[PDB]
Visitor: 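Here you go, one structure.
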Amino acid sequence: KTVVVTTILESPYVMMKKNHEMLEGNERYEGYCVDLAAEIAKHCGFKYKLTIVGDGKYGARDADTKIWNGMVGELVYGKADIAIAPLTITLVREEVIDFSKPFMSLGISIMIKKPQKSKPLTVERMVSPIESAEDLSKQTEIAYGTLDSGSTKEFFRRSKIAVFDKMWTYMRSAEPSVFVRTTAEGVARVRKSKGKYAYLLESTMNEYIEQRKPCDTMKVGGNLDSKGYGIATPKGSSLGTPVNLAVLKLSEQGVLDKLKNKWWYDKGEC
Amino acid sequence: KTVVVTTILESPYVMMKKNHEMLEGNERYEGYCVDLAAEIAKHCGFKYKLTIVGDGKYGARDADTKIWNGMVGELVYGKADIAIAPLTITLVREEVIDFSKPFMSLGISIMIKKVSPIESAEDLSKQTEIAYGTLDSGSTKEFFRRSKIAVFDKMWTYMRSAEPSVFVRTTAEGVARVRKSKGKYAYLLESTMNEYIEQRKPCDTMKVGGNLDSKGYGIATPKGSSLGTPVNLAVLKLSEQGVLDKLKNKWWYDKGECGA
Amino acid sequence: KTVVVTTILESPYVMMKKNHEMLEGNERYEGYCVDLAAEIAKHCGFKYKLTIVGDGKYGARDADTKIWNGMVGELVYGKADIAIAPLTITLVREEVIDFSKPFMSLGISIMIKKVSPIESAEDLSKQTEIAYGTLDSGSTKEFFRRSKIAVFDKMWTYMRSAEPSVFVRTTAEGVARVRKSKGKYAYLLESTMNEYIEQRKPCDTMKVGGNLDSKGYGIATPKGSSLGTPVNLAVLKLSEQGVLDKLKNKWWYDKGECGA
Amino acid sequence: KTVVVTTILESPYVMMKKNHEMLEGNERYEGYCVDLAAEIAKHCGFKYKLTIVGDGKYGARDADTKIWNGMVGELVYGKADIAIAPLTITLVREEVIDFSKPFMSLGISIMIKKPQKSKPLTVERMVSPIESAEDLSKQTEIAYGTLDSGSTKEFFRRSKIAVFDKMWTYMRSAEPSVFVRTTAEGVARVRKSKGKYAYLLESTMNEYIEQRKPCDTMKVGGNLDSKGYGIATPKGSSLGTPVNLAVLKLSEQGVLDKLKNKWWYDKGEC
Ligand SMILES: NS(=O)(=O)c1cc2c(cc1Cl)N[C@H]([C@H]1C[C@H]3C=C[C@@H]1C3)NS2(=O)=O
Ligand SMILES: NS(=O)(=O)c1cc2c(cc1Cl)N[C@H]([C@H]1C[C@H]3C=C[C@@H]1C3)NS2(=O)=O
Ligand SMILES: NS(=O)(=O)c1cc2c(cc1Cl)N[C@H]([C@H]1C[C@H]3C=C[C@@H]1C3)NS2(=O)=O
Ligand SMILES: NS(=O)(=O)c1cc2c(cc1Cl)N[C@H]([C@H]1C[C@H]3C=C[C@@H]1C3)NS2(=O)=O
Ligand SMILES: N[C@@H](CCC(=O)O)C(=O)O
Ligand SMILES: N[C@@H](CCC(=O)O)C(=O)O
Ligand SMILES: N[C@@H](CCC(=O)O)C(=O)O
Ligand SMILES: N[C@@H](CCC(=O)O)C(=O)O
């Protein structure tokens, strides 16, 4: 009996092949997450089928309806068996599912449109109107928004730090809506907003987007926090311990570092 | 019921307070791990007594004896209830004890005396004139011993077959040996201890190259214990609300006794 | 008995003189390989007639039919007696024909139109904006096809799954395609032809990086023939006497019609 | 039936371990040639034993007796079965033994004691009293010699090029004798002669010696010719085709280049 692997279309984790039209099965997808699933299968023997979540969401719990959507909702209600996807370990998620030891470290960063070079001996330098989250909160001419129904939005919602509280107070009562439905939508808003918008996303996707063409976006300031991505399984399932030791073994062998290097920096340009 | 806590003397995590001669209980200890234990006890709701491991070892299994030592031996043999200390999460420990979610990122770092001729680990392996060592019975020696990569294989062959013995008994001994070798000996340890040492006096060592890999410290509980989920959820909450970051900043950067 | 020699029209090895319209026999050919054939015939003591391969292919086996073409096909099927031409010594060819000792060292090189951004082969593979090809039915293509190295595997996947067809029919076609690509196309070919091209007009291409591997050209003789030992000993004698070095200097460096 | 592999104690081809006293068998020796022998055995299965020649010579036919001494002598007479050692392909050697395809290209070079840097804006530049073989032959204050009973000595003896002829005419009649019994003896002569001696040796050994400490020797000019190293086998023996095919497979797979890189350039002491 094969298990269901639920994923989310996000680069470079789960991308779509340019020649996927006539391909059927797990061979249509490629990226970091498919390689991680292959290595997990190699360590502990099992057959898997890759599925993309229906709603295209990472997972969130409704305030009143009190149900989980996205991959978390898929795992809790039994529609899937394991989620090999960039799912962030959070306090609320751990109370409903089981998270393995993180296979990648990350943080909350800022994405802004890369500013024009400063002409004024004859050296060329770059200036940025945003240098950190504090000065981002202090100003008003540059708006900022996050990805809806994600770990970052919930972190900003429950944050008790004064600067993050101010940022959340702005975001929750901003017209027009500053949130986006997908990471690609947020990046597109950044690129088309002539520098009048800043995107708060995970540092891994931030670096990935910065490295590729048209290389017109850059990351400013340090990581707002330190989190990770875990492989999630439903509470009490028998697939938790095997994938835990699988992740540990992959970390010890150095396969994870090689995968990060070959999917993130090896394909860079600009 | 008071919960016994095993911990090791390793600055800045645990330090012997200056007035510990007139102090008793857990009031004679200070550091990052003391505050972490206090927060864990406050969240879970248990009373704890901080006891230092008898031997200054972290944990390993002797070949052809299969006996655990250090704090891991304290945990598996029932002599200790929880290990709130910089215990690196490894495969050989996950099969014996329960590790919580990581609370501190770290990696393998190279320390030398104050051009950086060595810089890279690969270039370090390409050189024989300068010597390098590691702490015995730790996650570093076991990582180098069982690493199947060519560079790490060469490094482990170097360290195992070396005279005089290049490993050090304690991390402080390793840093002293680096200091008093006139730049002929290098020490490999976790990046956190490296940063803490290089930010302190006499500020005569640096950190070169980069982290060889990435690991994390975790709160350790005996396999099947009842404190696993409470401490794991406590660690997640503490990281979520930023207590861990503030503790690290207080015990690592807040002093900075050097020009930087 | 006149010995039939199969050879290919590749400069500077074999050229069609300047007035081949008024010449008959072997007097209408000139080049390094013509001189080498003359020396081999003089040493062994046989009369030879130089015949050009009908199809401008060096030789390869075709999948699902296992039929040899080019000069190797001309040799395994009895149509030719010897192949005095720049035929790279390879594994697949050695299983069906007798190769003499190498008489000219060579390697696989990269050439782009006139610091070059391409640098080495690893950067050339990593950088996708520039396109790289290879002459079809040649040892370089067969080298990349069965190569198990990661960089060469990526390169072979690129060239195989490329639109339009990045391969070229002849070496001159590849050189012209690089020249007229405005710096968008890179040609992979043997070191000797690359140097000969880059030391000639219009002197607008340069060889970059290093050699991906080291190989050699050999005199090809049908398996189990009576000419293999005499030609191998002749090659050894010619190399010892410095005739091969003299011929290479005459046909490669003696002209130098460019600024260098 | 185990065949015997004959080698010559030459670095970095066949070297003695620092703990060979307590070791017995094919584990005492190490270097490039032992790895080549291991790979040849792996590709075509056979058991082998490593032996060092008693006379410590590569091979040379004696005048007025027409007998071969050294590795070629012990392979021709049948006392050995295969010579996996840096044996140069020569015309005289190929007429008595079957010699495989070359596994490494080499050339005759010149090694002199590295000269002191010139003091005289403030840049330091090195000057050498020898720049090629021509000005080496023309002068008379710097002596030069070659390994006795080797391929280079026979190349110089039978050479018809005018400069090489003059060099051999000097070498064959010169007191005291300029030839050396071993390559290490020639290197020691170069280092102890304070620069009044030059040594002619293979380019591979020359580069290896230059890259080791104390690196007081350097190579001048360029290679006088192009030659190779092959795996020797007695004439009309059953091992010729297997080892030829094996060395071809090793060359195509890229093992030879990696071995050369790991034994020659990896161990750099200057
Ligand atoms: N360099 S990286 O961000 O791709 C990265 C990050 C991490 C890795 C491995 C890599 Cl390659 N493994 C660790 C794991 C190893 C053991 C210690 C912590 C977890 C369990 N988690 S991590 O610290 O989140
Ligand atoms: N900045 S730091 O090294 O003190 C640090 C490091 C880490 C923190 C929190 C902090 Cl403050 N939390 C993560 C944990 C939180 C949740 C997400 C990953 C694990 C589970 N581990 S970590 O990535 O090792
Ligand atoms: N200088 S060159 O490229 O024209 C060149 C190249 C080579 C030459 C001779 C010359 Cl002149 N001889 C060798 C052969 C001679 C004997 C030693 C190795 C093979 C057998 N092959 S080679 O190393 O490919
Ligand atoms: N780079 S090197 O000198 O170590 C070197 C030299 C040579 C290699 C391989 C290497 Cl790695 N293979 C060739 C062989 C391959 C095929 C073509 C010529 C012989 C048969 N001989 S070589 O040209 O003498
Ligand atoms: N990676 C986050 C969502 C992306 C984001 O919030 O930027 C998660 O898995 O919840
Ligand atoms: N803190 C590490 C030991 C440090 C080291 O590896 O040197 C451990 O518990 O494994
Ligand atoms: N001369 C080569 C072909 C050149 C190439 O590989 O491009 C051969 O005979 O194999
Ligand atoms: N390398 C030569 C001998 C050494 C020399 O001539 O310098 C050979 O194998 O014959």
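Within every chain, numbering begins at 1; the chains are lettered A, B, ... in the order of the sequence lines, protein sequences first and strands thereafter. Header entry for method reads electron microscopy, 3.1 Å. Keep in mind that the numbers below use all heavy atoms, side chains included, and drop hydrogens, waters and symmetry copies. In listed order, ligands and their atoms are each counted from 1.
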Visitor: Of the candidates cefadroxil, alogliptin, cyclothiazide, which one shows up at ligand 1?
Guide: cyclothiazide
Visitor: Tell me which chain touches cyclothiazide (ligand 1) most, using the name in the PDB entry.
Guide: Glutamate receptor 2
Visitor: Using a heavy-atom cut-off of 4.0 Å, enumerate the other chains touching cyclothiazide (ligand 1).
Guide: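 The heavy-atom check gives A, B.
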